[PDB]
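Complex: simeprevir / Genome polyprotein.
Chain A corresponds to the first sequence line; subsequent lines are lettered B, C, and so forth. Here chain A follows the PDB entry, giving residues 3-180 in order. Throughout, chain B uses the PDB entry numbering, with the displayed residues spanning 3-180 in order. Sequence positions for chain C are given in the PDB entry numbering; the residues included correspond to 20-31, in order. Residue numbering for chain D follows the PDB entry, covering 20-31 in order. The way this entry was determined, per its header, is X-ray crystallography, 2.4 Å. Below, each value reflects all heavy atoms present in this structure, side chains not excepted, and no hydrogens, waters or symmetry copies. In each ligand, atom 1 is the first atom listed, and ligand 1 is the first ligand listed.
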Amino acid sequence: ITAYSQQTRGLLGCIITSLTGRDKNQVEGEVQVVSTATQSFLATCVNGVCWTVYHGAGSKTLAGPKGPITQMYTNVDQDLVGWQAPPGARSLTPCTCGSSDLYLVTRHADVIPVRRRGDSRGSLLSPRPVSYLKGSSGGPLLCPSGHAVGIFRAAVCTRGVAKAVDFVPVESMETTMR
Amino acid sequence: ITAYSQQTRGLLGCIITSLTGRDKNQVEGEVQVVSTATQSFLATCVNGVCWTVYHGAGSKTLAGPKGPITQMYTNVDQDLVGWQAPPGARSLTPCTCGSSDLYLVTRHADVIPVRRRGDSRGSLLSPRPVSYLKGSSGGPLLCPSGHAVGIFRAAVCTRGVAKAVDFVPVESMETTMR
Amino acid sequence: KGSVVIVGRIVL
Amino acid sequence: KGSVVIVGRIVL
Ligand SMILES: COc1ccc2c(O[C@@H]3C[C@H]4C(=O)N[C@]5(C(=O)NS(=O)(=O)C6CC6)C[C@H]5/C=C\CCCCN(C)C(=O)[C@@H]4C3)cc(-c3nc(C(C)C)cs3)nc2c1C
Ligand SMILES: COc1ccc2c(O[C@@H]3C[C@H]4C(=O)N[C@]5(C(=O)NS(=O)(=O)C6CC6)C[C@H]5/C=C\CCCCN(C)C(=O)[C@@H]4C3)cc(-c3nc(C(C)C)cs3)nc2c1C
Ligand SMILES: [Zn+2]
Ligand SMILES: [Zn+2]
């Protein structure tokens, strides 16, 4: 597993596209770095669906080629939303090898080892300041085959330091479809 | 993989929707079973685009929830057409593992092993009757990780039994997405 | 000039 | 009533 980020628009561009809801830009890659006027976070494509966290996107539409995309799925119970990924987006396939070696991808395209400890839980192998995971919610947890195990929801801290991560498991993402 | 088919409209439902261009049925799955007034075949979604054969769909629109969807791409030379995939459409992820174990999915939901022989060719592990592969053009070829390698285009036949398959390779689906 | 119509699906 | 906006990507 390896990662690289590319910024595709700036401050003024993002605010505008936010107001019109029409994004003509070429989409690609598996993980979108997304923004509203107030915060920034990630969104991960699994099976045709662009998944991200409700605490980032709230009820919002996604700016797209043909205007705003209305959310297909909104699950406040899971902190989960999804839109139909726009053409170009490269979706991941669900992990089906229940391994416990996972990789979290951050907004800076760090891939960091996290050990799976339960079906929505994993531990980091070295503690991280919170500011280092901040803005990475919605990002992929990955198996060694690069398949999707879930999306990063929250961090678990001892004494203000991150030592574990909580994630919406791919299985619950399948359940919210249908 | 395991695979199963679901019928969702009848003969007349199909002709009518064909005329209106308006389809409100709910769309699930990576592989759609598609029809014009005179023929049936398959479409597969990859990268948020629904793909099929030119000799099947020609230049036709796709019946959809907000009326007729226009084709995003029409590449006659490669027998390739694609529409923006309708909401609910699941996307496969492009294969990147250069594997030679391939599995064709047909309209009957059989998954049959094909041995890769070139960038767009594979031989059937057992030959098949032409009648049994008729109508599965636009179906996917899958690698052992269940990614899309390409879509079924033509069969090579000696006297009525298909011995090998031609398919649109997925690199060329990505190419046509520029 | 008519449309292509989804009449079913293969679930994997 | 603003939209979520793609401002970059991460490629794997
Ligand atoms: C077990 O189930 C759950 C579990 C957690 C939930 C949760 O979590 C809260 C959000 C989460 C967070 O900031 N997540 C991230 C982020 O980096 N976030 S971020 O910076 O990207 C932010 C998007 C902009 C990925 C984390 C990055 C760094 C760690 C920050 C310090 C620890 N901390 C305060 C948290 O982890 C918080 C806890 C929030 C919510 C909801 N919030 C709301 C709204 C209306 C407020 C609706 S539902 N539901 C949850 C559910 C259901
Ligand atoms: C390597 O490159 C290529 C390679 C082949 C191409 C091709 O092939 C032709 C179409 C194809 C076909 O029937 N495909 C399928 C289908 O099952 N088909 S079907 O039944 O689903 C049918 C759609 C409804 C999957 C086959 C199912 C059973 C085998 C039938 C017997 C052998 N046979 C006659 C074929 O394979 C034919 C040959 C046709 C075309 C085109 N034809 C047209 C116009 C002129 C019509 C424009 S582009 N391009 C091609 C290109 C570029
Ligand atoms: Zn896995
Ligand atoms: Zn593969």
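- One finds simeprevir in this model at ligands 1 and 2.
- Taking 4.0 Å as the heavy-atom limit, the other chains contacting simeprevir (ligand 1) are A.
- Heavy atoms under 4.0 Å from simeprevir (ligand 1) belong to A/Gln41, A/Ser42, A/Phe43, A/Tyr56, A/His57, A/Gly58, A/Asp79, A/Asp81, A/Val132, A/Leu135, A/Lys136, A/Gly137, A/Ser138, A/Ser139, A/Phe154, A/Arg155, A/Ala156, A/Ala157, A/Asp168.
- Looking only at heavy atoms of the protein, atom 7 (C) of simeprevir (ligand 1) is closest to A/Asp81 OD2, 3.9 Å.
- Taking a distance limit of 4.0 Å, we find that atom 33 (N) of simeprevir (ligand 1) is approached by no protein heavy atom.
- Nearest protein heavy-atom contact of atom 11 (C) of simeprevir (ligand 1) is A/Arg155 O, 3.8 Å.
- Listed by number with element, the atoms of simeprevir (ligand 1) under 4.0 angstrom from any heavy atom of A/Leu135 are 17 (O), 27 (C), 28 (C).
- Checking only distances, A/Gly58 never comes within under 3.5 Å of simeprevir (ligand 1), N or O to N or O.
- Closest to atom 8 (O) of simeprevir (ligand 1), if we only count protein heavy atoms, is A/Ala156 CB, 3.9 Å.
- Geometrically, simeprevir (ligand 1) and A/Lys136 share a nitrogen or oxygen pair separated by less than 3.5 Å.
- For atom 36 (O) of simeprevir (ligand 1), the closest non-hydrogen atom on the protein side is A/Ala157 N, 3.0 Å.
- Contacts under 4.0 Å between simeprevir (ligand 1) and other ligands or ions: none.
- Here is the list of simeprevir (ligand 1) atoms found below 4.0 Å of a heavy atom in A/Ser138: 17 (O).
- For A/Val132, no nitrogen or oxygen atom sits less than 3.5 Å from a nitrogen or oxygen atom of simeprevir (ligand 1), counting backbone and side chain alike.
- Short contacts between simeprevir (ligand 1) and A/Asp79, defined as distances under 4.0 Å to a heavy atom of the residue, involve ligand atoms 52 (C).
- When distances from atom 52 (C) of simeprevir (ligand 1) to the protein are checked, a heavy atom turns up under 4.0 Å.
- Counting atoms of simeprevir (ligand 1) from 1 in the listed order, those under 4.0 Å from a heavy atom of A/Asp168 are 4 (C).
- An N or O contact shorter than 3.5 Å is missing between A/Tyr56 and simeprevir (ligand 1) by distance.
- Considering backbone and side-chain N/O of A/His57, one or more are found under 3.5 Å from N/O of simeprevir (ligand 1).
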